[PDB]
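Presented below is an entry in which one can find caffeine.
Every chain is numbered from 1 and lettered A, B, ... according to where its sequence line falls, protein lines coming before strand lines. The displayed model is a subset of the deposited entry, and contacts were enumerated within the subset. Hydrogens, waters and symmetry mates play no part in the numbers below; they use all other heavy atoms, side chains included. Just follow the structure's listing: the first ligand is 1, and inside any ligand the first atom is 1.
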Amino acid sequence: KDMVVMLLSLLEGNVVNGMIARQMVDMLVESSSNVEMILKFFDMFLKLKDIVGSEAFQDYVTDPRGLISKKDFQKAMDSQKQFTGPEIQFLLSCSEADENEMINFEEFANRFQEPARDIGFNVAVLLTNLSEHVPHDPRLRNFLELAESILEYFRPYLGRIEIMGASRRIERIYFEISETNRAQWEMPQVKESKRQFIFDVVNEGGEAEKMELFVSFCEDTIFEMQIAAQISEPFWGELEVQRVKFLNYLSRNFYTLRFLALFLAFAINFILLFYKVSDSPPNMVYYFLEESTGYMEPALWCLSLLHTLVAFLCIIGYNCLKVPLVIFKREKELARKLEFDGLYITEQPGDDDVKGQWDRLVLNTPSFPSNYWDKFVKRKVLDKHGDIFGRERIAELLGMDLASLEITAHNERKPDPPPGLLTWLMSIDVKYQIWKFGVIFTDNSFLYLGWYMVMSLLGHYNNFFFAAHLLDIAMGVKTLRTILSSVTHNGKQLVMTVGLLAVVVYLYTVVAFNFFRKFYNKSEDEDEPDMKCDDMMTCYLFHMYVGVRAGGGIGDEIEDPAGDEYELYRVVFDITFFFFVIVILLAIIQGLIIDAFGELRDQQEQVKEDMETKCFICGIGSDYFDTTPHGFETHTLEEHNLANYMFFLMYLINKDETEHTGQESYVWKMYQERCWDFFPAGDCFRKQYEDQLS
Amino acid sequence: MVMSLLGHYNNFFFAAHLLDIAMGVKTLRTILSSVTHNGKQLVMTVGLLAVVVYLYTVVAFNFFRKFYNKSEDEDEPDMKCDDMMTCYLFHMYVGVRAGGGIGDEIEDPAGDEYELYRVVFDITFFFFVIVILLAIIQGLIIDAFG
Amino acid sequence: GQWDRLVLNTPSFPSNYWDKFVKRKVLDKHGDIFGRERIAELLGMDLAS
Amino acid sequence: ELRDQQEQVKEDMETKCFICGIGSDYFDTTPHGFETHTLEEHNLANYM
Ligand SMILES: CCCCCCCC/C=C/CCCCCCCC(=O)O[C@@H](COC(=O)CCCCCCCCCCCCCCCCC)COP(=O)([O-])OCC[N+](C)(C)C
Ligand SMILES: CCCCCCCC/C=C/CCCCCCCC(=O)O[C@@H](COC(=O)CCCCCCCCCCCCCCCCC)COP(=O)([O-])OCC[N+](C)(C)C
Ligand SMILES: CCCCCCCC/C=C/CCCCCCCC(=O)O[C@@H](COC(=O)CCCCCCCCCCCCCCCCC)COP(=O)([O-])OCC[N+](C)(C)C
Ligand SMILES: CCCCCCCC/C=C/CCCCCCCC(=O)O[C@@H](COC(=O)CCCCCCCCCCCCCCCCC)COP(=O)([O-])OCC[N+](C)(C)C
Ligand SMILES: Nc1ncnc2c1ncn2[C@@H]1O[C@H](COP(=O)(O)OP(=O)(O)OP(=O)(O)O)[C@@H](O)[C@H]1O
Ligand SMILES: Nc1ncnc2c1ncn2[C@@H]1O[C@H](COP(=O)(O)OP(=O)(O)OP(=O)(O)O)[C@@H](O)[C@H]1O
Ligand SMILES: Cn1c(=O)c2c(ncn2C)n(C)c1=O
Ligand SMILES: [Ca+2]
Ligand SMILES: [Zn+2]
Ligand SMILES: [Zn+2]
């Protein structure tokens, strides 16, 4: 592996048909027999690993202990028609058959899988690197064909990205994707987050912020993977292990509890349909269930208590699953503004940003970067702004002990962490907790869950309050949320047109009070008239209440204008109120909703169209890549796959800095400097070497 | 075929066959496709309509029951909101189909302590159910044509 | 998928499909890794025939 | 009709230069080429 790593280092910054790459191919050809032997070592045991697990092989295994004789092994392998004569004999020699010629094929298959994995992957990378940089060498395809199984095995783990290197050229980087990283990336919650992120940047995002948003998405996704790993499952100590297990259970099953609460709400409201009010006890009336089974009344009490418990568990499930991301994001953006902007050093927000003013409480807290990965943000800010703003003033702002900086760098102290609850009392950063709770209390999702719980408790005072919970279907079902989004999309316009409706009706009221009052007698009685327009407030209410809701406008409600001096004036008043209010203004309200359906629909189409016509990374259209058959499909899955950039960032974090290659160090340095110039923009490997590749 | 055989038991079953024009004529099938294109959304908004009407029923049963006497008779009242199931049916049956919402059907709220509360109940039910929710149903069909 | 298991061993499985030698091709492709006798049992094939 | 007019105006400004009329696709050969072109090379404010 170390020799191959040296060979891969010689290929750093190597152009297509480079002299070093062609020399390396000649070196492999000069030692072709040895290379074939090495490749024949890897595929034989990779094939052996899957053969022993095959159903046909198990038919030969007859020993109850799980062993197999050499003669039985001999007839098992040649029945697969995958190995030759000498190959089977070599496998027999490698098998540690006992004095009874019995072979433990379980350990035999797994004996070399782990020791030879690192070298096998690097050989696959070496052949892949040479093939893509010397594509017109007939001598190299022979090695690729002989290593087809090795390449196929490591295909899901061989990640490749393209970057703009320091040499002002597009370079292709090959790295390793671990099994855990790919498994976590394929989780449905992570995939849903990716779809939401893609929709946001394509719809309401810019080109200059596209890569910075993408990196921020990667940082959030990595943090969420840690949370999922922590909550996953395979006297103080006894309770703590059960407490975290209980909390993890709620975090894992947060959405099922949300569904369960919605189900219980319908069950409670179904029972409430049987309520009946009667003067007689089961001049005040009594409200009681009316059913013959006799089990619904106890069931309502049981469901009401159960619903309250589930709602309470949702809050605990939420603050252990979603709150850490909220704190992580807020700490992340605050730290960068402290360093790269000097938010509380230079600009000092002008009291109109409640978010900025609230974050002042956490600057001097000893545990400010609790969720954010960078634990040395204060150290970095001090080195950047200390000279221009004052080291002692920066330390006071960030709550840093300057005298403690050196002693920590000198040696390390190991104190006594007493596992007592009393010692745990004063170890709580009260100021940080106040800041953290303020962030949680300003979260829309947490406030909704809090309202759901409060309503559940009010349900115990009157059960009818459990009706409010049936609203949850607004966000419980995504189909309704999309439908309701068609109402809230133009919500501001809907409010204004209703306000405009109130003003136009007031103008009609003023005309009526002044000129048409006699026609507003709404009493069939003859000696006591119920005049509806003897007061402006009463007449305005009359127009807004019965006038708007009437099919034919105000004219339907008011007395006939026939045989009267003002008949023509009243026909204009009635027809104009019908047109302007009933016809035009109600069409605007309906028109806004209909237009919202079209506007939301094209946003989905626009996002889908952009993803299938342009690359998310380089921005080059699919038309250019389609010169080569299936060019755009291969480009978005192999060359500029956005998932590989996610994996490459995780690869750099786990890998030791001393082991970073020249290309890896270049990208890693720019990640720490927040410079996204390594992302290819408007260029790709295929475009840079069009003459050589074609 | 089954409906044709049932037609022999009662000839009126032969009416079902007139539905065939849905696929017999391609023009109608395209028109009907504009309804089934957003059929799932149409079902959900009707379900949403049932939930919003239930919330109005709960408010009525609790606070506005006196106004639900639908009997011109004076000694035997036909109270429509003395039971939740009856009151919910009343809102779903006459309330939704009324042009001006529930207010048109129920007794006038004038000269009463809860008059302002009842005007908000009547105007909001007109806006949310008659105006907004029926526009969504019509909006889904219109959007499907586009 | 579960309903199609009834037709795998039927003597006239490719009645309408033009390829009448699908069973022969499947046996040659998966017989070595899954067992020729087990494939024949699954597809209702007589190896001696 | 009014909605697409706003979209058309916004789309044209973000896809073509107001001065030379060359599309953003040509300038995007260079990373952030169109952004620099509309802020440094052919900025309409500089002509003012
Ligand atoms: C008010 C609803 C808030 C949310 C509105 C959305 C829901 C739409 C409609 C829902 C239906 C509501 C049920 C109404 C029927 C209840 C009748 C009743 O019990 O009326 C209650 C009135 O009491 C109350 O008002 C208590 C409620 C406190 C304040 C109510 C406001 C809710 C606060 C909301 C919390 C956060 C809200 C902020 C977010 C805004 C909304 C998102 C009287 O009893 P009762 O004595 O004779 O018996 C009790 C039996 N014993 C007395 C014998 C024990
Ligand atoms: C005379 C013809 C003018 C009517 C033109 C209508 C054009 C729009 C005008 C609207 C306001 C009309 C006020 C007229 C000013 C005074 C007229 C006069 O000389 O007044 C005339 C009476 O003529 C009339 O009856 C005019 C009747 C007007 C009815 C027109 C119906 C149109 C309603 C339009 C509602 C506006 C809402 C628009 C919303 C826009 C949404 C898109 C004689 O008085 P007077 O000695 O008995 O003592 C006034 C009475 N007070 C003692 C109370 C002061
Ligand atoms: C039920 C319709 C099924 C399809 C609905 C879509 C059509 C929309 C409406 C169509 C109009 C239907 C005509 C109703 C009037 C019939 C009155 C009548 O005869 O009512 C019948 C009721 O009997 C029945 O119900 C028999 C029918 C069996 C079950 C009916 C359900 C139909 C089964 C559907 C088969 C597959 C359906 C699955 C797909 C779902 C739909 C796509 C009674 O007689 P009658 O005794 O006095 O005389 C007979 C004269 N002698 C008795 C003297 C002989
Ligand atoms: C008091 C003002 C609160 C009204 C604010 C309305 C805002 C939304 C609230 C809706 C539910 C109202 C319940 C109020 C809680 C109890 C109030 C109270 O203290 O109750 C007050 C009475 O005040 C009232 O009359 C309030 C009347 C509310 C009418 C508001 C009409 C709006 C209808 C909205 C329908 C919701 C559907 C929304 C769908 C959304 C679709 C987009 C005194 O009791 P109580 O001693 O006689 O014994 C309670 C009676 N029981 C014995 C039966 C328990
Ligand atoms: N750089 C890119 N990386 C990945 N996909 C890209 C890129 N540029 C454009 N795309 C397009 O994004 C589309 C979305 O990816 P795709 O649908 O294959 O993802 P998935 O992981 O299989 O799951 P899902 O269907 O949920 O998105 C692809 O069809 C591809 O054409
Ligand atoms: N010649 C040009 N000069 C300026 N902007 C141009 C030119 N051609 C195209 N544009 C586009 O016009 C858009 C509008 O400019 P921009 O939004 O940056 O202006 P502003 O002064 O910051 O304020 P505002 O957001 O109110 O327009 C830019 O995003 C740019 O892409
Ligand atoms: C989690 N994480 C990052 O997400 C990260 C990083 N350096 C840069 N980034 C983006 N480090 C060191 C890190 O631990
Ligand atoms: Ca090194
Ligand atoms: Zn690309
Ligand atoms: Zn220009």
(request) Point out every copy of caffeine in the model. (result) ligand 7
(message) Just trying to sort out this structure - which chain has the greatest number of contacts to caffeine (ligand 7), name per UniProt?
(response) Ryanodine receptor 1
(request) Using a heavy-atom cut-off of 4.0 Å, list the other chains contacting caffeine (ligand 7). (result) A
(request) Under 4.0 Å from a heavy atom of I653(A): give me the atoms of caffeine (ligand 7) that qualify, with their elements. (result) 1 (C), 2 (N), 3 (C), 4 (O), 13 (C), 14 (O)
(message) As a check for students: among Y671(A), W668(A), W373(A), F376(A), identify the option with a heavy atom nearest to atom 5 (C) of caffeine (ligand 7).
(response) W373(A)
(request) Pick out, from the UniProt ATP-binding residues of chain A, those with a heavy atom under 4.0 Å from caffeine (ligand 7). (result) none
(request) Identify which UniProt-listed caffeine-binding residues in chain A lie under 4.0 Å from caffeine (ligand 7) by heavy-atom distance. (result) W373(A)
(message) Would you mind telling me which transmembrane segments of chain A have a non-hydrogen atom under 4.0 Å from caffeine (ligand 7)? Number them from the N terminus as in UniProt.
(response) none
(message) Below 4.0 Å, non-hydrogen atoms only: which portion of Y372(A) touches caffeine (ligand 7)? Side chain, backbone, both or neither.
(response) neither
(request) Just need the protein heavy atom nearest to atom 10 (C) of caffeine (ligand 7), so name the residue and atom and give the distance. (result) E219(A) OE2, 3.0 Å
(message) Could you help me out with the residues around caffeine (ligand 7)? Anything with a heavy atom closer than 4.0 Å counts.
(response) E219(A), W373(A), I653(A), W668(A)
